[PDB]
K.L.:
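So that we are looking at the same thing, I have put the structure below in structure tokens.
Along the sequence shown, residues are numbered consecutively beginning with 1. Side chains are part of it too, since the values below use all heavy atoms of this structure and drop only hydrogens, waters and symmetry mates. Just so you know, ligand 1 is whichever comes first in the structure, and atom 1 is the first atom listed for that ligand.
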Amino acid sequence: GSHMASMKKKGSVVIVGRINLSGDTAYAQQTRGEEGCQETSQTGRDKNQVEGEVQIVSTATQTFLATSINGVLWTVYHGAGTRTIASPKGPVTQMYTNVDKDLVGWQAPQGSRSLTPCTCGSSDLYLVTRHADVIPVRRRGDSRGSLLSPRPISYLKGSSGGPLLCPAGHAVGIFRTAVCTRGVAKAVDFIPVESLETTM
Ligand SMILES: CC(C)(C)[C@@H]1NC(=O)O[C@@H]2CCC[C@H]2OC/C=C/C(F)(F)c2nc3ccccc3nc2O[C@@H]2C[C@@H](C(=O)N[C@]3(C(=O)NS(=O)(=O)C4(C)CC4)C[C@H]3C(F)F)N(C2)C1=O
Ligand SMILES: [Zn+2]
């Protein structure tokens, strides 16, 4: 509009949970409910303890994932836009933004753990979803991989920003898009970890 004094400000991305991969079982944990998420988005002040590599994140209108690799919390631009992330000291500005790669990054929150970029050159990958499903994916190109067991896109919705990992648990990529036939996701496209390492 033309009245700057009443123009609104978009809130921060807020960590609302995590995918726990510490033990023998992968499972999602929620760490903040909808009400606290809304307040934290407006203030940008998040005093909750952060743990793990894969965070569940939310805005006022979307929920997706964010993954720490080499001390950067990475996610997709189509989820985060240019938004700050909430942190204990106030909103934190993105350190990386690349709409051409559908990629953004913030400094990894204190308490998080980072994945190591994969150097194995392995093509047997594993996609981790927001429901803590571990989905075998065969790498088919620099940025594409096929699901060994296709499933409706509904099962992958909300998992952009999640990791594809190698057999050793290294980060190979950041889940970006699905490739579907009749609503069934047969393959995925991801931001390769090398494209991250270049951005850095
Ligand atoms: C048909 C389809 C499956 C919906 C779509 N496929 C598709 O486009 O495939 C083509 C063919 C192979 C590569 C790809 O080239 C196009 C590149 C798209 C892009 F990624 F570069 C992208 N750049 C943007 C930049 C600025 C603003 C918006 C942008 N929007 C984009 O893509 C958009 C969004 C992305 C998305 O849905 N991601 C996921 C997800 O969970 N999101 S999310 O968490 O729910 C949520 C929306 C909250 C954040 C993983 C897939 C889940 F559902 F499985 N899209 C559309 C798709 O996957
Ligand atoms: Zn590896």
K.L.:
Per UniProt, what is the name of the chain that shares the largest number of close contacts with ligand 1?
P.N.:
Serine protease/helicase NS3
K.L.:
List the drug name recorded for ligand 1.
P.N.:
glecaprevir
K.L.:
Which residues form the binding site of glecaprevir when counting heavy atoms under 4.0 Å?
P.N.:
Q62, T63, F64, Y77, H78, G79, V99, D102, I153, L156, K157, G158, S159, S160, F175, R176, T177, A178
K.L.:
What residue and atom, counting heavy atoms only, is the protein's closest point to atom 11 (C) of glecaprevir, and at what distance?
P.N.:
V179 CG2, 4.6 Å
K.L.:
Against heavy atoms of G79, which atoms of glecaprevir measure under 4.0 Å?
P.N.:
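The list of qualifying atoms is 49 (C).
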K.L.:
Polar contacts were defined as any N/O atom of the residue lying under 3.5 Å from an N/O atom of the ligand; does this apply to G158 and glecaprevir?
P.N.:
yes
K.L.:
At less than 4.0 angstrom from any non-hydrogen atom of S159, what atoms of glecaprevir do you find?
P.N.:
41 (O), 44 (O)
K.L.:
Can you name the atoms of glecaprevir, numbered from 1 with element, that are less than 4.0 Å from a heavy atom of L156?
P.N.:
41 (O), 52 (C), 54 (F)
K.L.:
Show the other ligands and ions less than 4.0 Å away from glecaprevir.
P.N.:
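Under 4.0 Å: none.
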K.L.:
May I ask you to check whether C180 has an N/O atom sitting below 3.5 Å from an N/O atom of glecaprevir?
P.N.:
no
K.L.:
I'd like to check which glecaprevir atoms, numbered from 1 as shown, lie under 4.0 Å from a non-hydrogen atom of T63.
P.N.:
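Here the atoms of glecaprevir in question are 44 (O), 48 (C).
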K.L.:
Which UniProt domain of chain A holds most residues that touch glecaprevir?
P.N.:
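Most of them fall in UniProt domain Peptidase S29.
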K.L.:
Within a distance under 4.0 Å of any heavy atom of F175, pick out the atoms of glecaprevir and give their elements.
P.N.:
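So the atoms of glecaprevir that pass are 50 (C), 54 (F).
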K.L.:
Run the numbers for me: atoms of glecaprevir, each under 4.0 Å from some heavy atom of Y77, listed by number.
P.N.:
26 (C)
K.L.:
Within glecaprevir, which atoms have a heavy atom of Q62 less than 4.0 Å away?
P.N.:
46 (C), 47 (C), 48 (C), 49 (C)
K.L.:
Are any of the N/O atoms in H78 less than 3.5 Å from those in glecaprevir?
P.N.:
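Yes, at least one N or O pair falls under 3.5 Å.
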K.L.:
Considering non-hydrogen atoms of the protein only, which is the closest contact for atom 32 (O) of glecaprevir, and what is the distance?
P.N.:
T177 CG2, 4.1 Å
K.L.:
Which protein non-hydrogen atom lies closest to atom 5 (C) of glecaprevir, naming both residue and atom, and how far is it?
P.N.:
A178 O, 4.1 Å
K.L.:
So, regarding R176 and glecaprevir (criterion: nitrogen or oxygen to nitrogen or oxygen, under 3.5 Å), is there a contact or not?
P.N.:
yes
K.L.:
I'm comparing glecaprevir with the native Zn(2+) site: which UniProt-listed binding residues in chain A have a heavy atom within 4.0 Å of it?
P.N.:
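Of the UniProt Zn(2+) binders, heavy-atom contact within 4.0 Å holds for none.
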K.L.:
Any idea which atoms of glecaprevir are less than 4.0 Å away from a heavy-atom of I153?
P.N.:
3 (C), 53 (F), 54 (F)
K.L.:
List, for glecaprevir, each N/O atom that has a protein N/O partner under 3.5 Å away, with both atom names and the distance.
P.N.:
unit_1      : atom_1 : unit_2 : atom_2 : d
glecaprevir : 6 (N)  : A178   : O      : 3.1
glecaprevir : 38 (N) : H78    : NE2    : 3.4
glecaprevir : 38 (N) : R176   : O      : 2.8
glecaprevir : 41 (O) : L156   : O      : 3.4
glecaprevir : 41 (O) : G158   : N      : 3.1
glecaprevir : 41 (O) : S159   : N      : 3.4
glecaprevir : 41 (O) : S160   : N      : 3.3
glecaprevir : 42 (N) : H78    : NE2    : 3.1
glecaprevir : 42 (N) : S160   : OG     : 3.4
glecaprevir : 44 (O) : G158   : N      : 3.4
glecaprevir : 44 (O) : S160   : OG     : 2.9
glecaprevir : 45 (O) : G158   : N      : 3.0
glecaprevir : 58 (O) : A178   : N      : 3.1

